[PDB]
Undergrad: 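Neuronal acetylcholine receptor subunit alpha-7, bound to (S)-(-)-nicotine - let me ask you about this one.
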Amino acid sequence: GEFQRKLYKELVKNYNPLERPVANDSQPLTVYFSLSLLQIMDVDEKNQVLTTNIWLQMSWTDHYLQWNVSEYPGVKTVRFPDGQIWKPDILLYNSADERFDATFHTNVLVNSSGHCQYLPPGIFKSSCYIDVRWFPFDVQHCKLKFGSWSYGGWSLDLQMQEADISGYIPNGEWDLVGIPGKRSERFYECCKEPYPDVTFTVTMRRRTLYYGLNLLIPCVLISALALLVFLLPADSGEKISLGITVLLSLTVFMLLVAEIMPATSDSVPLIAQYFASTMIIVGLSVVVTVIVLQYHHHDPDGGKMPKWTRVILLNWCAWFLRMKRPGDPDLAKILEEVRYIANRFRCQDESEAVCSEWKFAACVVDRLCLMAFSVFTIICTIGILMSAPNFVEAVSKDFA
Amino acid sequence: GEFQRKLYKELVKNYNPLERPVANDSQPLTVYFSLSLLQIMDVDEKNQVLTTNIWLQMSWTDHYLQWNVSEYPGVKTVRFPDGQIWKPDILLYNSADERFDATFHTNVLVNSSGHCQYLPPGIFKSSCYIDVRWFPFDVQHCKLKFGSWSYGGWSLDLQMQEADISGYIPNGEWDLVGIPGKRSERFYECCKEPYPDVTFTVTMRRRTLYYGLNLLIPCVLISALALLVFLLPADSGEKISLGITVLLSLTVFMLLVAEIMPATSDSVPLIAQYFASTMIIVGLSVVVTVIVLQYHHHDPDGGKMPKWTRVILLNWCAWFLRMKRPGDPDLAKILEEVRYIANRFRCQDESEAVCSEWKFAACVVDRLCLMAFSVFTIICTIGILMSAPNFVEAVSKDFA
Amino acid sequence: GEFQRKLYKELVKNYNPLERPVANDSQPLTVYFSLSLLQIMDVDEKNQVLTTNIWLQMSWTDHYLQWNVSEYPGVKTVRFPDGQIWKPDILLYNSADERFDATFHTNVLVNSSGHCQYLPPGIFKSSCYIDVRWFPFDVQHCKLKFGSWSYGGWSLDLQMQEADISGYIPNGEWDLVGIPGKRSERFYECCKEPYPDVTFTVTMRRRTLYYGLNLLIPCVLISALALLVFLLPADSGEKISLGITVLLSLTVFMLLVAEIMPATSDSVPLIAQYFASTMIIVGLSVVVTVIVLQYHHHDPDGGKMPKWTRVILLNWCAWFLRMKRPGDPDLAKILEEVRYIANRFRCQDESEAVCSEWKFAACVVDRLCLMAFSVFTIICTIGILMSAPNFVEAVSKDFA
Amino acid sequence: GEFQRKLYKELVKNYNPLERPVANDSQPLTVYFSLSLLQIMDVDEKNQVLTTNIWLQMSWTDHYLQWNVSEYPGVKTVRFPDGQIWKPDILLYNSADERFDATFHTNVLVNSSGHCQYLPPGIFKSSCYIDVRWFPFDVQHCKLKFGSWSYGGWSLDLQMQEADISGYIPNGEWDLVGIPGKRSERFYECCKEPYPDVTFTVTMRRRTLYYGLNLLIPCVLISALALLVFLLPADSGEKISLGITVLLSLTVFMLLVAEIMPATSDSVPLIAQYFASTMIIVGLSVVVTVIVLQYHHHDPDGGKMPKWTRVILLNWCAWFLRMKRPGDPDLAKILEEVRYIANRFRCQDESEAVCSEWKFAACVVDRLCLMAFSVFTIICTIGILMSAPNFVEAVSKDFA
Amino acid sequence: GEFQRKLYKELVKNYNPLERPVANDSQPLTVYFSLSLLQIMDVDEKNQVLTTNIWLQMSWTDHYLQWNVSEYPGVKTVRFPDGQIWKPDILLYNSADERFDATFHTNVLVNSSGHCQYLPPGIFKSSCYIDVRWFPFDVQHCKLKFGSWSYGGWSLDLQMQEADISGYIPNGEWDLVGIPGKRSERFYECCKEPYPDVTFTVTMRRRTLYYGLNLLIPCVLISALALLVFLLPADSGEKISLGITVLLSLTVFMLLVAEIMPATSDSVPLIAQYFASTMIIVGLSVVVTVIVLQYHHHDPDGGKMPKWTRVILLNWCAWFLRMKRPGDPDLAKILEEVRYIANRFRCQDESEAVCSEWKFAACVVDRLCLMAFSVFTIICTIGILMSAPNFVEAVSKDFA
Ligand SMILES: *[C@@H]1O[C@H](CO)[C@@H](O[C@@H]2O[C@H](CO)[C@@H](O)[C@H](O)[C@H]2NC(C)=O)[C@H](O)[C@H]1NC(C)=O
Ligand SMILES: CN1CCC[C@H]1c1cccnc1
């Protein structure tokens with residue numbers, strides 16, 4: 001259009017993109033800043049990097065870019081590319097990307113009175129502290145700090161507007177709680193002029209269904225199966241294998257959790273405490289199994305049963321767990337031989353009785369330790385999994 | 001030639017690559033948008049990112065790029081590179097690339113009457129929701145939203161043309177169903193003017209031959225092998241090893257599945273349900289094996305077989321399974337000696353008879369549990385596999 | 001130099017890089033396009049992407065870039081950088097890269113008669129189909145498609161020159177069979193305008209020495225070792241651990257092999273078929289071992305051994321296998337006692353004889369199944385490995 | 001603003017960005033170089049690179065960019081982008097990045113008296129030596145070197161300012177000790193002109209809590225558990241499975257841990273020494289277990305007990321460990337029968353006595369080696385772990 | 001200053017950066033090319049690339065960039081950025097990075113007489129053959145090729161200067177032997193002109209301490225531990241589990257090791273063949289163990305030991321290793337009864353006396369195969385380890 005061509009020719013006369021567009025040079029240029037959250041794309045726990053998809057919103061008033069629509073009837077707005085008009089240099093101080101600025105530079109929409117609009121999209125990789133103390137029942141607060149880089153507080157009056165979440169797409173792993181913001185001005189060692197900035201905090205809660213189904217339940221089941229050694233008879237000759245195999249099979253779970261966790265030294269993760277407790281339980285299970293095995297394969301006439309062992313394992317625990325304790329010269333020569341044979345059988349009977357009593361003691365010890373270990377593992381698991389805050393909320397929101 | 005040089009000099013005279021090429025400024029500009037799918041690069045289930053290879057197609061009429069063929073006999077079309085003529089700022093809204101734009105800028109072919117064609121190729125990484133509820137017999141819909149960033153509905157009339165699939169190359173893992181399009185207008189918090197956009201939906205059906213033959217069949221085979229613990233005689237003393245080793249060998253499969261699957265908590269994957277069911281099956285098998293072994297190694301004199309247990313197992317289940325139940329003074333001194341020996345032998349015979357009864361009871365329990373576990377695992381696996389929709393279609397389209 | 005400075009000043013006078021350097025504007029400009037292969041870098045089977053080091057070759061005649069050597073002594077060639085002259089817009093069609101054009105823009109060498117040479121280097125990532133049916137005895141063909149993006153047939157006709165492989169460097173993993181091409185031609189539905197393009201097919205053969213020595217021989221050896229369970233006597237007590245451990249090893253081997261293979265569902269690969277056959281063989285061996293162990297530990301009084309099993313195992317297969325089958329009143333009181341003892345001893349002897357007969361039957365079954373399984377595994381391995389059409393060529397080239 | 005428009009127009013008049021802003025051309029331009037540390041993002045031990053977030057700080061004086069604020073009341077500072085002003089070419093010498101200069105070019109703030117202030121941000125990847133001799137108890141010294149690439153000391157003399165640590169964000173893994181600066185002058189063979197440069201040495205101390213919890217304690221506990229084979233009785237038939245599975249688990253642990261450390265060959269790391277010691281201890285325990293099992297299953301008449309081992313073990317070692325050492329004509333024919341039976345039983349009991357002797361000797365050897373290995377493991381672990389120069393500091397600052 | 005401003009204005013008067021700065025247009029421009037190695041960043045065996053930190057030294061004489069130093073006092077050198085003056089187009093021929101040329105474009109220093117120095121830094125990823133045959137005792141020779149892309153001997157004749165290693169920083173894994181250069185020509189068929197090229201070969205020796213300690217010593221120790229299977233008595237019942245567990249562990253060891261090596265089919269690597277030999281050693285040990293177990297459990301009532309075995313396994317082989325060979329009517333009825341019992345005992349003793357011979361034969365085989373397998377393992381390990389060249393040099397330089 002001829003009007004469009006004339007307006008574009010007239011709007012660029014003696015225009016310097018290096019100057020701040022203010023009618024008076026002694027007042028700051030008010031700029032309104034806001035962002036629109038679109039998607040939380042990634043939360044890296046190991047590298048402590050948060051990846052989001054946002055649209056920055058910048059608005060200000062330009063004094064030289066004004067015209068009367070009477071002389072230009074058809075055209076009401078004008079768009080300008082990068083490098084042709086003045087734009088604020090607003091960056092992200094918290095950036096964690098090789099290019100310190102990740103914004104696709106689009107056009108600038110202008111009023112017929114000089115109201116510039118800037119909506120640059122882009123995927124932002126910011127570095128925020130990730131707390132894994134109560135993993136996987138944790139809520140994270142990651143900050144996004146925005147502000148002008150080279151304009152002080154006397155030339156650029158930054159003003160914050162509320163973030164817009166009307167186009168937010170659920171992540172499916174993180175539940176968004178909110179995104180407040182606040183404006184503050186700081187002093188830097190470079191200069192003696194305040195530099196206002198706008199900080200947005202993103203609060204999200206991890207959904208625990210997947211982790212609960214894939215890490216907590218299998219460990220519970222395997223630890224429960226590890227108690228099955230306290231039910232096998234000692235004569236089966238398989239007791240050590242169960243404990244060893246369950247220890248081996250939980251080593252891989254420990255290694256997996258270690259590989260998915262950041263190498264932080266600020267606190268002990270709740271899952272780490274759980275796995276250490278389970279390791280301890282299995283270790284003492286194996287120790288008790290060895291003790292029972294060495295009690296059951298006792299050598300008759302190899303020692304004397306201590307009186308304390310006798311009383312404690314035959315009159316107290318047997319009662320408490322309702323145990324039931326099991327229970328012419330030729331003729332002369334013939335007689336000598338038959339008494340010898342009978343005496344040999346009698347000694348065999350005494351030896352087998354001693355062996356039976358030793359085996360009964362081993363069985364009593366085994367059952368008592370079974371009960372104690374079951375109580376201990378239930379208590380430890382319940383306490384560890386209930387210690388974390390908002391665990392009831394997480395359960396009621398995800399599972400039920 | 002001279003005519004080409006003259007035309008090129010004439011066309012760029014007083015041309016502003018900023019203004020919209022419309023004869024009347026009030027009327028909008030009609031731009032036809034279309035897509036040409038070529039290939040599907042990858043479908044990142046873990047990162048919810050879809051990579052494609054497409055050719056965008058745009059067409060519009062330029063008012064100033066017109067000439068007469070008679071005055072320039074040789075030439076009929078001209079081509080302009082980026083930054084020399086006006087082009088629409090159409091870009092993909094749902095972009096997962098580090099840079100928000102992935103198009104490769106090429107030339108713009110021009111009619112003799114002002115028709116511009118623009119076909120920029122590129123590889124697009126668009127973030128689309130991936131549903132793994134019915135993995136691997138699943139169908140995924142991914143959207144591609146294209147629209148002008150800075151031009152409203154009063155300036156650009158973004159029409160839609162049907163997507164073209166003729167140069168499409170089959171992926172070999174995904175089966176294309178179709179790619180329809182739909183145009184709509186939306187309002188944004190920035191501005192009081194609608195912004196039309198064109199959305200293309202891609203429907204792909206996963207081919208399940210590889211995933212089936214690599215995950216389902218081995219798991220079924222190992223689950224069936226885990227039932228052999230009920231055919232092993234108890235005297236071999238190697239029942240528990242089979243169960244614990246198949247438990248390990250399926251835990252590694254669970255690890256692989258956790259590796260390939262994402263970490264969403266929206267739903268429980270079908271493969272996760274199947275693996276959990278197999279886990280419970282093997283755990284219950286190990287528990288039953290422990291019970292059977294503790295039945296087999298029953299200490300005689302250490303207890304009495306309950307009458308209810310006998311009537312349940314010995315003469316009821318054996319009937320059900322049709323199993324047979326197995327089975328001068330000197331001469332005096334010698335007389336009591338041989339009497340003592342004979343009495344000892346008789347007591348040994350009674351003890352071995354009791355032990356044989358206990359062993360038969362253990363065998364009966366083993367047979368019952370074998371039958372029950374076999375029927376239960378068959379029913380569970382059939383139900384879980386057949387619960388998925390279009391499972392029969394996927395089978396008949398892949399295996400047949 | 002004075003002369004070359006004057007020539008450079010003169011040549012760029014009234015020059016328009018947008019203009020096509022022809023003399024009549026109606027006759028298409030002939031461009032000769034060829035290739036120069038340097039090295040094959042990587043063949044990504046998982047991503048279906050081929051990376052190569054390639055030098056392009058272009059040659060056209062420029063009408064305006066001519067001069068008389070006699071007027072400019074010494075100056076015989078001139079060179080121009082990107083953008084200062086006209087260049088064909090030839091780029092890879094089936095490219096797989098974030099930035100579509102993977103070329104380095106060097107200078108253009110122009111002779112005194114207007115002949116332009118252009119050799120842009122670069123590393124090209126191309127998405128080509130990768131068949132995996134006969135992996136690792138496979139030969140792959142990957143296609144490279146070039147051609148002008150915008151210039152048609154009446155303006156720019158493409159001519160082919162033979163590909164150059166003089167500078168080729170051996171890969172060490174792929175054997176270059178050759179690289180032919182075809183100068184195709186295409187017509188549209190509007191106009192009789194031939195659109196030409198040049199395509200190059202790279203045919204390579206995989207060297208099988210590494211894959212063979214690292215996959216096939218270890219698996220064959222381990223499968224052969226898995227057959228030793230049949231030679232193991234039942235009384236040892238380790239007939240199940242051997243089979244289950246080789247099963248674990250085979251499962252790990254499949255898991256590690258499937259990490260380098262594509263997830264295509266086009267066809268079942270040869271290596272997958274071989275692994276499936278090995279798994280079936282091992283599972284059947286475990287089942288047979290369970291049956292043999294069940295036979296070995298048979299209750300002497302648990303039943304009667306069927307006459308069919310008698311006349312088969314102890315009669316036919318035993319002869320076939322050439323196995324030898326092993327095999328005053330007080331005086332009356334003492335008489336009764338010794339008769340009782342003797343009767344007990346005789347019953348023990350009969351039970352021992354029955355157990356020995358059962359054990360011999362188990363041994364016969366074990367040996368027969370050993371022979372059958374050895375034949376099965378040898379036949380299956382030979383048949384699976386001999387099905388590759390390139391197997392003889394591979395074994396004659398790589399190994400020999 | 002009119003005043004700033006006029007000032008911008010007047011300042012760029014006859015200005016050449018290629019010219020060094022001095023007044024005599026023979027005096028070096030004083031430049032002050034500092035550095036503001038934000039956070040340490042990564043320390044890659046495998047690649048030996050360090051990633052940090054750093055704000056550069058350069059300040060100098062410009063002779064031409066001077067104006068009187070009386071004629072321009074509102075204007076007090078001006079800003080210029082890259083390419084329109086002279087900037088020092090300060091680079092990172094020991095950089096490790098695809099682009100040798102990973103800085104973001106921002107505006108240059110200029111005061112009214114010609115004072116410049118340039119603060120470009122960025123993420124820097126520098127190659128620094130990583131010493132893993134005392135891993136995980138490490139203190140690292142990574143150096144950053146800066147300096148003009150082309151400007152010499154006679155034209156550009158760098159000056160060092162103290163590094164600023166305000167605004168530092170704690171890593172959570174690495175503890176920052178400090179970052180001291182040093183300005184060094186290096187001469188050439190040309191001429192007596194300095195070539196000053198500024199170097200900063202970042203000193204970090206690894207926080208040894210995560211590694212201590214995940215590697216040292218689990219391996220210590222597993223090594224302690226591996227000693228339980230000595231308390232296991234030899235009759236259980238599990239004295240080797242425990243040791244072999246512990247050895248397998250520990251070698252898996254070592255091989256997986258090896259994925260973290262680099263392949264350097266300048267020293268033997270502490271963790272490698274500790275793992276090797278554990279390997280040796282477990283192997284020797286397995287050897288001793290084999291020897292003990294050989295002692296236990298000795299043939300009753302396959303040999304004779306040597307006097308030397310008899311006196312050394314049964315006499316001296318029992319004293320040490322305080323172990324109690326356990327333990328009508330037919331009448332003639334009947335006489336030889338009963339005498340034969342009696343002497344057979346006597347031979348059986350003497351063979352049993354010899355077997356008991358061998359078993360007791362095996363038990364004594366087992367106890368002695370248990371004591372020896374219990375001493376050895378503790379001594380080796382303490383000695384290896386106490387060799388770190390800062391072990392006490394690390395423990396007292398990470399645990400207490 | 002004024003003088004340098006005037007000089008900068010004067011030098012760019014009628015300057016064309018597209019022409020060689022010669023004075024006759026026929027004499028080639030002599031260009032000196034050198035190198036400055038700083039660090040070897042990484043050597044990749046998988047993808048066969050070499051990444052280094054390198055400074056490129058260039059120097060030539062410019063005819064136009066000259067001035068009288070008297071007329072411009074104080075000014076001695078001038079600097080020009082990329083694009084403002086002519087620069088040689090020298091680039092790496094055999095590159096491996098995505099951008100074919102990776103050099104940071106810095107300024108060019110020009111003296112008063114017209115001498116140009118150009119030292120662009122960068123990180124170069126080359127592509128060189130990596131010989132893995134003698135792994136990990138490799139000595140590599142990676143070539144770097146440099147040269148003008150378009151200019152030839154008529155225009156630009158390259159020269160060579162010795163590479164600079166004064167700034168070298170040791171890698172820690174690779175020992176640098178040296179880096180020699182060479183200047184070579186290449187005559188074309190058309191034109192008898194030189195085509196100078198300068199190539200540098202970097203020779204590095206791998207440090208074997210880490211690889212030895214982490215791969216060779218553990219493998220030898222594990223093989224020695226597996227060698228203990230022959231000392232274990234057969235009565236334990238653990239002779240198979242130990243061997244199979246070691247086999248599985250070392251198989252996973254080899255599979256893990258194979259990941260850090262390329263799939264090159266040009267030679268069989270030393271580590272690969274060593275692991276193979278260990279594989280056959282362990283497999284044969286398992287086979288021998290199976291044979292020994294079969295001999296130990298021979299049926300006493302089965303076949304008869306052949307005379308060949310009776311001599312060779314009992315006399316000859318026991319002499320070879322010196323193992324001593326271990327070794328009224330009622331009266332009639334009672335007489336017949338005791339005769340029967342004594343005859344049964346005598347038959348039992350005779351039957352048992354045959355199993356001792358089989359057990360001694362098993363012991364003889366165990367000892368013989370222990371000796372033979374130990375000798376075989378020692379010989380094979382020594383031969384494979386010492387076969388590689390410069391093994392003595394490597395061990396002396398690394399371990400001492
Ligand atoms: C413009 O900015 C510079 C910042 O360095 C000012 O220089 C400093 O000014 C203060 C007070 O005048 C002095 O105390 C410092 O010593 C100065 N720094 C140096 C390195 O000299 C400069 O004064 C400012 N000029 C104007 C007109 O405001
Ligand atoms: C539709 N566009 C994309 C998002 C907002 C909107 C817009 C409006 C004005 C300037 N830029 C962008």
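The sequence lines fix the lettering, A, B, ..., with proteins before strands; numbering per chain opens at 1. Order of appearance sets the numbers: ligands from 1, and atoms from 1 within every ligand. The figures that follow rest on heavy atoms only: side chains count, while hydrogens, waters and symmetry mates do not.
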Undergrad: Name each chain or ligand corresponding to (S)-(-)-nicotine, including duplicates.
TA: ligand 2
Undergrad: Other chains near (S)-(-)-nicotine (ligand 2) with a heavy-atom separation under 4.0 Å: which ones?
TA: A, B
Undergrad: I'd like to know which transmembrane segments of chain B, in UniProt's order from the N terminus, sit with a heavy atom under 4.0 Å from (S)-(-)-nicotine (ligand 2).
TA: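 UniProt segments with a heavy atom under 4.0 Å: none.
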Undergrad: Which residues of the UniProt Ca(2+)-binding set in chain B does (S)-(-)-nicotine (ligand 2) share, counting a residue if one of its heavy atoms lies under 4.0 Å from it?
TA: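 I count these UniProt residues with a non-hydrogen atom in range: B:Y188.
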Undergrad: Which residues from the surrounding chains have any heavy atom less than 4.0 Å away from (S)-(-)-nicotine (ligand 2)?
TA: A:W55, A:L119, B:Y93, B:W149, B:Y188, B:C190, B:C191, B:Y195
